[PDB]
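Residues displayed in chain A correspond, in order, to the PDB entry positions 2-583. Values below: every heavy atom of this structure, side chains too, minus hydrogens, waters and symmetry copies. When a ligand or atom number is given, it counts from 1 through the structure's own listing order. Determination method: X-ray crystallography, 2.6 Å.
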Amino acid sequence: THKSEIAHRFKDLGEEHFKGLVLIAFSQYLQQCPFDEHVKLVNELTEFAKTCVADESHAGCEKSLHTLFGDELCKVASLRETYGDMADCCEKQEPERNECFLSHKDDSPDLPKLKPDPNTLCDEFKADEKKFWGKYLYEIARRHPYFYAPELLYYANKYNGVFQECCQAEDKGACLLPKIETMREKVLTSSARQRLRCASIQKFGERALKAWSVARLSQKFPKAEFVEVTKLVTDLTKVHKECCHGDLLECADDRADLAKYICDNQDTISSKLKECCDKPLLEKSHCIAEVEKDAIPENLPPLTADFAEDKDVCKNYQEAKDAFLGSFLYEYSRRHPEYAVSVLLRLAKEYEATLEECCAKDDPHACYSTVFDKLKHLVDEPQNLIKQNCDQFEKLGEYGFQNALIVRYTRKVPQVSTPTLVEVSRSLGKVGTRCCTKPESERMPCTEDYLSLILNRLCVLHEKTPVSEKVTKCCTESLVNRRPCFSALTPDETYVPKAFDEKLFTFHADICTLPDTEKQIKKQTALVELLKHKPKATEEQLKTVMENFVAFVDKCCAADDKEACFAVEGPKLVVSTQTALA
Ligand SMILES: COc1ccc2cc([C@H](C)C(=O)O)ccc2c1
Ligand SMILES: COc1ccc2cc([C@H](C)C(=O)O)ccc2c1
Ligand SMILES: COc1ccc2cc([C@H](C)C(=O)O)ccc2c1
């Protein structure tokens, strides 16, 4: 329909944005190459796009976006030498070649943890604002190779606006570190949301993403009609599909478009959008993404009416399954803005399973008329876990809770690799902080949605190199029952203990020197390995091993010759610990 896709997107996005997405795209496809390779790729591509803008007939201007990006990545001399089997993608035709690159996205790339000097940072910034802006896109995007790319350009500006307001202060440090931290959460979170949106389509079909889009949209805009929501849903699903499939130019473009549409139709969508719609382009879509719920309209009928009472349920459903089910989702979501999206989807799935068996039965209506009680039962099911988990969080504090979750997970999925068990248990206990201080009514929803983000990370880390059958099962059985499914696991008897490996339990003076985070991780790693070796260790003993350990580090980090003390106290500690675990 357009002579030249690259021309079209360049015009549409404008140079600056066009360059920032190309970079992000290269940086996600190729997470090792240094910055500088990438800025070369970015400009080559952009020069060429400029030629196509001026003359659309010009050779190459007709190629697809994959073919052009892909053409550019094959010309990397580093490929075979840096990326291994990656350079074999270059031997294929499109679209297999593109598929092949995308399958080498690495969810755990192992990159220097970003230690920033407020000084060096305000330097680099005053020297080159635009290169700074790019550098940040690169570093985030290479570490989060599914990160929502237009939402990333948004963060890059906010980053830049943080230094524009803070480098001209006197105590720059004190202005920066708060704002950086606050932003840097928001970015990890955004990444994990985005990774779960891609994990939907990839493992469960565009229909799962589409359904997410209904739940989210209906909650946010419950005034809007099904017909309208249905429109926004088609557009929102395409943005995310394109986005997850690495088509960032299309992603950005259709997203800007959808914001423009939403604004031009506030009267049929929401009363909360005034403030959003007066913002510039990137900020507009974010504000929208964050806008407040609209008020549930007034005389809505019972849901029982359309979905349980009505004798024609099986008729409407057989006629168009996903559409009818989208309607259930709109109707349920628009009335329960408090609920977790995971929950709404969990309800929709169950209502599906229900019609699925009931419409094949002799009087469907007797079977399905009773379904809402079953749904009431599901929403109430998880409430006691919360309580247990919050009390435990309050008693132990965040860090102790991370430890309890380390033990807990290591017993249920001890075949999981240790890096993954530590990362995930650390995130799981950050849920305590996120959700436990909230008013009770709010807790279950909060938790349900965070645990989905986090359990997805486990599934995604594990599916890379799969080792535990239970995890594979929970990860592939569903998205929306993962939390129940993980919560229903228990330690197992099949597991042979890991042979003692002393190397994993030695400590050196370095331990005193590490940044705090890295110090926690090193101990939580030991803790995991301990449970893999001693999977029956009881909680009182582990309390002993844990006090004894803190006494040990404390003694040794206080000593005149710390090495000597570690050398000596070290083996003492292995010995008691080996002794205490019978
Ligand atoms: C089909 O199941 C899903 C898909 C995507 C989800 C994304 C999210 C994040 C928290 C979101 O921003 O809504 C939560 C639950 C989800 C369930
Ligand atoms: C339009 O109705 C749907 C469609 C797809 C769904 C998928 C899922 C997830 C992926 C699942 O865990 O099976 C949940 C609910 C859904 C409702
Ligand atoms: C802050 O409240 C929480 C924190 C972590 C939790 C982890 C889990 C996992 C699924 C588990 O227990 O297996 C469940 C509930 C949780 C509630």
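- Located at ligand 3, the drug is listed as naproxen.
- Structurally, the greatest contact with naproxen (ligand 3) is made by what the PDB entry calls Serum albumin.
- Per the entry, the source species of chain A is Bos taurus.
- If you check which protein heavy atom lies closest to atom 3 (C) of naproxen (ligand 3), you get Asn390 CB, 3.6 Å.
- Between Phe487 and naproxen (ligand 3) there is a heavy-atom distance shorter than 4.0 Å.
- Interface atoms of naproxen (ligand 3) facing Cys437, defined by a heavy-atom separation under 4.0 Å, are 1 (C).
- Less than 4.0 angstrom separates some heavy atom of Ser488 from each of these atoms of naproxen (ligand 3): 10 (C), 11 (C), 12 (O), 13 (O), 14 (C).
- Heavy atoms of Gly433 come nearer than 4.0 angstrom to naproxen (ligand 3) in at least one pair.
- Heavy atoms of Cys436 found under 4.0 angstrom from naproxen (ligand 3): none, in either backbone or side chain.
- Of the N or O atoms in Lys413, one or more lie within a sub-3.5 Å distance of an N or O in naproxen (ligand 3).
- Within chain A, UniProt domain annotation places most contacts with naproxen (ligand 3) in Albumin 3.
- Residue contacts with naproxen (ligand 3) for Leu452 involve side-chain atoms from C-beta outward but no N, CA, C or O (heavy atoms, distance under 4.0 Å).
- Inclusion of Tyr410 in the set of residues having an N or O under 3.5 Å from an N or O of naproxen (ligand 3) is warranted.
- Counting heavy atoms closer than 4.0 Å to naproxen (ligand 3), residue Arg409 contributes side-chain atoms (C-beta onward) but none from N, CA, C or O.
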